[PDB]
Chemist: 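Shown below is the structure under consideration.
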Amino acid sequence: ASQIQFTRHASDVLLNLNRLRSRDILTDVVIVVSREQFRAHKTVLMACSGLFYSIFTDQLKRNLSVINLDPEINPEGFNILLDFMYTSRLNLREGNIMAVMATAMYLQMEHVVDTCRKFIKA
Amino acid sequence: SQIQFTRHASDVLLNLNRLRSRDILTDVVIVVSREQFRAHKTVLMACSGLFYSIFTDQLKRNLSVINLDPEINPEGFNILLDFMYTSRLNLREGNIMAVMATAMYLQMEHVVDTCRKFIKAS
Ligand SMILES: CO[C@H]1/C=C/O[C@@]2(C)Oc3c(C)c(O)c4c(c3C2=O)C2=NC3(CCN(CC(C)C)CC3)NC2=C(NC(=O)/C(C)=C\C=C\[C@H](C)[C@H](O)[C@@H](C)[C@@H](O)[C@@H](C)[C@H](OC(C)=O)[C@@H]1C)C4=O
């Protein structure tokens, strides 16, 4: 009896999820940041973000197809964090470092916060 | 941005598996013989060519129940489902032929290749 672990499977799935997202397949939510719209899978959001996890665990909010993020959240930093959720890659530049950390703190992605803090420190 | 955080994909899959066991946002029942397996369509689709084709056909895309072909055995399907959500494929001499046959059906060819090696080791 063997329990075989496939070590790039998790990477393969997340990659596929991203492919479904870029074709807009089975995306079941629109996140509204200021007034820009991002389509996403609820399940991915919850799997990465303490905020979205909190929200969608509420059996009431669970079938909401629209979510209005707080208005201090800028769309640029959100889009970067959405890309990270889906790619495990974080586009960090001096120009965006601050908007990314604030958005991450807000989404409760604390490992993203702490790599932003590590970045800050050239 | 050159750096990827490979464990992230693993966190993501770990949390999707959590949602599944809590039955949060599961949106399909897969029916295998007379056995029901709750799941998320996105995850099935990201893991199986067959599921990708089913959930991408508009006549099938919007049903909460999907029946697999009658020949498919429930023990085999349960192992593949666990694999999709954990990356671990649990093979036993008691389950192997049905896992192979079920993985072939689901067009999961790397899992098929690993079953053949186990039978050769057995
Ligand atoms: C890593 O990704 C692979 C599958 C993952 O696994 C699955 C389970 O998750 C998927 C995800 C998340 C997807 O988004 C698609 C598919 C699958 C899976 O199957 C597809 N699967 C088929 C569905 C069933 N058969 C086809 C047959 C029955 C007609 C197999 C593929 N088509 C598929 C699609 N779209 C298309 O075909 C279209 C509109 C265009 C394709 C253009 C080129 C030709 C490709 O892009 C090529 C350069 C390469 O990228 C793919 C061929 C790649 O294959 C690999 C590993 O080289 C898959 C996308 C998809 O968008």
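Quick note on labels: first sequence line is chain A, next is B, and so on, each numbered from 1. Technique stated in the header: X-ray crystallography, 2.3 Å. Start at 1 and go down the list; that is how both ligands and their atoms are numbered.
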Chemist: What is the PDB name of the drug at ligand 1?
Modeler: rifabutin
Chemist: For rifabutin in this structure, which bound macromolecule has the most atom pairs within 4.5 Å, going by the PDB entry?
Modeler: B-cell lymphoma 6 protein
Chemist: Which other chains line rifabutin with heavy atoms at under 4.0 Å?
Modeler: A, B
Chemist: What part of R23(A), side chain, backbone, both or neither, has a heavy atom within less than 4.0 angstrom of rifabutin?
Modeler: side chain
Chemist: What residue and heavy atom of the protein are closest to atom 19 (O) of rifabutin, and at what distance?
Modeler: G49(B) CA, 3.5 Å
Chemist: What residue and heavy atom of the protein are closest to atom 46 (O) of rifabutin, and at what distance?
Modeler: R19(A) NH1, 3.8 Å
Chemist: Looking only at protein heavy atoms, which one is nearest to atom 25 (N) of rifabutin, and how far off is it?
Modeler: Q107(B) OE1, 4.6 Å
Chemist: Among protein heavy atoms, which sits nearest to atom 28 (C) of rifabutin, and what does the distance come to when rounded to 0.1 Å?
Modeler: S53(B) OG, 4.9 Å
Chemist: Look up atom 22 (C) of rifabutin and tell me if a protein heavy atom lies less than 4.0 Å from it?
Modeler: no
Chemist: Residue-wise, which UniProt domain of chain B is most involved in contacts with rifabutin?
Modeler: BTB
Chemist: Looking at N16(A), which atoms of rifabutin are within less than 4.0 Å of one of its heavy atoms?
Modeler: 1 (C), 2 (O), 5 (C), 6 (O), 7 (C), 9 (O), 12 (C)
Chemist: To which protein heavy atom is atom 34 (C) of rifabutin closest, and what is the distance rounded to 0.1 Å?
Modeler: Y52(B) OH, 3.4 Å
Chemist: Scan the protein's non-hydrogen atoms and note whether one is under 4.0 Å from atom 50 (O) of rifabutin.
Modeler: yes
Chemist: Which nucleotides or residues of neighbouring chains are within 4.0 Å of rifabutin (non-hydrogen atoms)?
Modeler: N16(A), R19(A), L20(A), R23(A), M45(B), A46(B), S48(B), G49(B), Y52(B), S53(B)
